[PDB]
Colleague: 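Just downloaded a structure that has daratumumab in it.
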Amino acid sequence: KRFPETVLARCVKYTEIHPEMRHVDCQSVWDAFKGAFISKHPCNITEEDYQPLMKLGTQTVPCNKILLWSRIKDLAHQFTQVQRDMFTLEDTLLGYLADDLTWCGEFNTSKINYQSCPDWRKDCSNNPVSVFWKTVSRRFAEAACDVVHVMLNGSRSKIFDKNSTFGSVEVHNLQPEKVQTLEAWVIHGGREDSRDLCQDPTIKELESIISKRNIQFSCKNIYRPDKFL
Amino acid sequence: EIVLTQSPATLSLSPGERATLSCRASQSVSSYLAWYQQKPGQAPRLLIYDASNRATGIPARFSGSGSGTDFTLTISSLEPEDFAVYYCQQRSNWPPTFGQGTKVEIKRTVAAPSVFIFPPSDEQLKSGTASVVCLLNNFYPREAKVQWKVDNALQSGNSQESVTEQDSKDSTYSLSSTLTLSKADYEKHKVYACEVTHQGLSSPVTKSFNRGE
Amino acid sequence: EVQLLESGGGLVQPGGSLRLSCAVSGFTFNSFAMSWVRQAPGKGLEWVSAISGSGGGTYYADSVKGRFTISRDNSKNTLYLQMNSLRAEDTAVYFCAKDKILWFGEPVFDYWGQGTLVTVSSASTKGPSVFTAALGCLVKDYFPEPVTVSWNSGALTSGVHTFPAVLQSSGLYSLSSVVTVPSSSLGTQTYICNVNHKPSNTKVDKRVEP
């Protein structure tokens with residue numbers, strides 16, 4: 001709600017924070033974001049619907065300082081705001097641009113829907129928002145290189161969930177030509193005060209998955225996340 | 001690969017001056033440059049890391065500056081214990097790389113060597129060979145010349161020198177020189193002599209013995 | 001007290017193999033990446049390989065790819081470097097080093113081991129012979145390096161000078177160790193030099209009498 005001016009204000013703020021992405025027309029960015037989903041049925045959104053926005057949003061970024069995450073948004077952002085040379089998805093133009101927002105159009109109108117928008121599990125899965133996030137996560141993972149770090153909530157009872165966004169799209173789109181190692185950090189939110197959580201079956205599953213792709217798997221516990229920062 | 005060029009190869013500065021050591025990068029390594037100190041025989045000691053941060057247990061007279069492709073280490077007030085080779089290291093990308101290093105000598109006033117001569121031991125002669133040793137103790141500067149003489153005659157290509165690394169507590173050097181002969185040749189000459197020329201000597205000093213006497 | 005201590009030593013024939021070890025203490029070993037970093041005698045520092053805290057991530061210098069294998073036992077707090085098909089160019093002091101950074105990636109090293117000399121040569125091991133005032137010992141004709149010379153099992157340190165060895169034309173090293181004492185003490189103190197050439201298990205004490 002107040003979505004268009006919010007996208008424009010976020011884009012303009014990001015222009016100022018980064019004089020590298022100053023080379024950006026934010027009305028152009030909003031035009032492409034809009035042309036992605038408006039006047040379409042909100043269950044037929046493909047990924048090429050968003051590709052003009054992806055082209056306007058592709059961004060020079062140190063590929064060896066990417067921090068993925070799955071179900072820990074807050075501590076990952078806390079981290080990337082102290083280790084100021086590492087970046088999450090939400091530190092990009094588009095991630096910063098769409099974070100925590102909701103949007104959807106309607107077939108046969110130029111009207112943005114502020115009434116209701118499709119839920120991903122009760123209605124359909126190819127809605128504007130989830131497809132946007134699928135798309136940007138794919139591209140973000142495709143940019144990564146060298147040693148890629150992913151942070152995981154080690155009190156989530158599936159420390160690595162396959163049907164996660166990280167598990168679904170991000171693990172299978174890290175390129176073995178550029179990435180040598182994926183190293184997980186298992187955050188201890190009081191769970192298993194003493195046990196070694198990298199020995200969890202889901203971490204072993206992720207180890208097998210990323211090793212079928214010719215990429216090394218490392219892992220490391222973080223027992224007390226406070227003094228870690 | 002990223003090449004680190006440390007620009008002064010050597011340095012001799014007196015205690016109390018500040019040392020300015022340079023490190024240039026072939027491409028940009030941003031701030032990812034650290035400094036290590038290596039004393040003779042020891043492993044590197046981390047001094048500075050990521051351009052300006054000095055590691056725990058490091059004096060404040062060690063300071064690091066620079067970025068992109070230009071970096072400097074500063075030793076603000078030298079001490080004789082600061083004698084070492086200093087290396088810069090980048091961690092911008094794989095592989096990590098080091099510079100060729102800058103060795104920094106600590107200066108001091110001229111000290112003349114103490115000259116000693118050692119005849120071959122009974123036990124070595126007993127075996128078949130003869131070594132004569134000449135020891136030059138605790139001098140500065142490092143430039144000394146040792147000439148071996150046997151019964152008037154200068155010798156050539158039958159000796160070897162070796163220099164200690166600079167003392168970290170009084171900034172001196174010592175030299176050892178071995179003259180090596182067959183025993184058959186050692187026993188058919190009389191006077192064995194070692195002639196030392198150094199800047200702290202007004203005239204060359206000669207230490208000698210006479211075989212069998 | 002952070003401690004890193006490398007094991008063994010090393011004279012290998014060209015084309016041979018050997019395994020370098022390093023035992024650590026005083027830090028959470030598996031919280032950190034480790035690296036082996038070599039130094040040829042009289043030359044600079046060249047990084048050999050890196051391994052992650054879990055041991056799953058590894059990086060190698062192009063010089064050692066296909067020949068060296070970095071490895072790690074976290075239950076034993078030990079880092080290994082396996083070296084196969086060793087070349088003459090691989091002769092160097094090999095250094096253990098710990099990552100300062102809290103994760104895998106391009107490293108900076110806050111702690112180092114003491115180093116182990118690896119010598120790649122066709123020569124065979126030979127043990128040495130051993131032979132104000134100055135006195136000392138002539139440690140003659142040994143291979144390979146290194147040698148260790150203390151005085152009076154460690155009590156005499158001040159005024160001691162152990163010079164770098166020289167490589168004689170025969171292919172054997174020789175060095176000398178000296179110590180200056182007062183001229184008057186030559187009838188009062190016992191001066192014994194203790195030489196150990198570990199590659200040959202040669203412990204020799206010689207008592208230098210005037």
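A note on names: the letters A, B, ... follow the listed sequences, proteins ahead of strands, and every chain is numbered from 1. As a basis for the values below, the full set of heavy atoms in this structure was taken, side chains included, without hydrogen atoms, waters or symmetry mates.
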Colleague: Which ligands or chains in the shown structure match daratumumab?
Modeller: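 It's found at chains B and C.
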Colleague: Looking at this structure, what macromolecule is in contact with daratumumab the most, according to UniProt?
Modeller: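 The chief chain, as UniProt names it, is ADP-ribosyl cyclase/cyclic ADP-ribose hydrolase 1.
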Colleague: For chain A, which chain of daratumumab contributes the largest number of heavy-atom pairs under 4.5 Å?
Modeller: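 Leading in heavy-atom pairs under 4.5 Å: chain C.
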Colleague: Please identify the active-site residue of chain A, as annotated by UniProt, closest to daratumumab, and give its minimum heavy-atom distance rounded to 1 Å.
Modeller: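 By heavy-atom distance, the closest UniProt active-site residue is A:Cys145, 6 Å.
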Colleague: What are the residues of chain A with at least one heavy atom nearer than 4.5 Å to daratumumab?
Modeller: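 Judged by heavy atoms, it is made of A:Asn64, A:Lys65, A:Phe79, A:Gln83, A:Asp85, A:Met86, A:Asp146, A:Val147, A:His149, A:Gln180, A:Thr181, A:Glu183, A:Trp185, A:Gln216, A:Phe217, A:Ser218, A:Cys219, A:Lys220, A:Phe228.
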Colleague: Any chance you could tell me the paratope of daratumumab for chain A? Cut-off is 4.5 Å, heavy atoms.
Modeller: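 The heavy-atom paratope is B:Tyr32, B:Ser92, B:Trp94, C:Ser31, C:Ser52, C:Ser54, C:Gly56, C:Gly57, C:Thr58, C:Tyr59, C:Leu102, C:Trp103, C:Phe104, C:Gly105, C:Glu106.
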Colleague: Using the PDB entry, name chain B.
Modeller: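 In the PDB entry, it's Fab light chain.
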